[PDB]
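Drug bound: iberdomide. Macromolecule: Cereblon isoform 4.
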Amino acid sequence: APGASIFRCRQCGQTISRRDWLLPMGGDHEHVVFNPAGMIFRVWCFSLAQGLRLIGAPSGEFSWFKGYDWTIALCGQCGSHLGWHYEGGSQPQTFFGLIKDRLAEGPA
Ligand SMILES: O=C1CC[C@H](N2Cc3c(OCc4ccc(CN5CCOCC5)cc4)cccc3C2=O)C(=O)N1
Ligand SMILES: [Zn+2]
């Protein structure tokens, strides 16, 4: 009964990621960040995620992670904004920054 091992979309229950997949970027999986619109996000970095829909082409504008371009990551099921896919960087080349409070943690 591994009780807190997967992350689902809080809105619809789509399978998104796993506690096992948390990635400490610059020493911490958690990054508290603000966009140009002044919205605060508690971002959890994951090496891997699924069940998302990545919108458009990458942009480096206002990237919170040096060397990485982002794409908006929506829940592929309900279209809720869950965070961003990061690419074009180094070690790793790619990862997901997901908004912690938009995910529900629960058993495998
Ligand atoms: O890593 C990341 C992931 C993406 C994330 N971003 C960028 C971003 C935007 O970025 C496009 C954009 C940015 C700025 C403007 C207009 N300016 C002009 C001067 O500054 C204030 C208003 C228009 C469009 C537009 C809307 C939301 C976000 C958002 O959440 C972020 O910040 N860092
Ligand atoms: Zn959803």
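Counting begins at 1 with the first residue of the sequence. Scope of the values below: all heavy atoms of this structure, side chains included, with no hydrogens, waters or symmetry mates. When a ligand or atom number is given, it counts from 1 through the structure's own listing order.
- One finds iberdomide in this model at ligand 1.
- For atom 29 (C) of iberdomide, the choice among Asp69, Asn35, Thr71 with the nearest heavy atom turns out to be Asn35.
- The shell of residues lying under 4.0 angstrom from iberdomide, judged by heavy atoms, includes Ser63.
- Proximity annotation for atom 7 (C) of iberdomide: of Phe65, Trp70, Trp64, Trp70 comes nearest, heavy atoms only.
- Both the backbone and the side chain of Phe62 come within 4.0 Å of iberdomide, counting heavy atoms alone.
- Near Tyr86, with a cut-off below 4.0 Å to any heavy atom, the atoms of iberdomide are 1 (O), 2 (C), 3 (C).
- Under a 4.0 Å non-hydrogen cut-off, the residues that form the binding site of iberdomide are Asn35, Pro36, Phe62, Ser63, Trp64, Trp70, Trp84, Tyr86.
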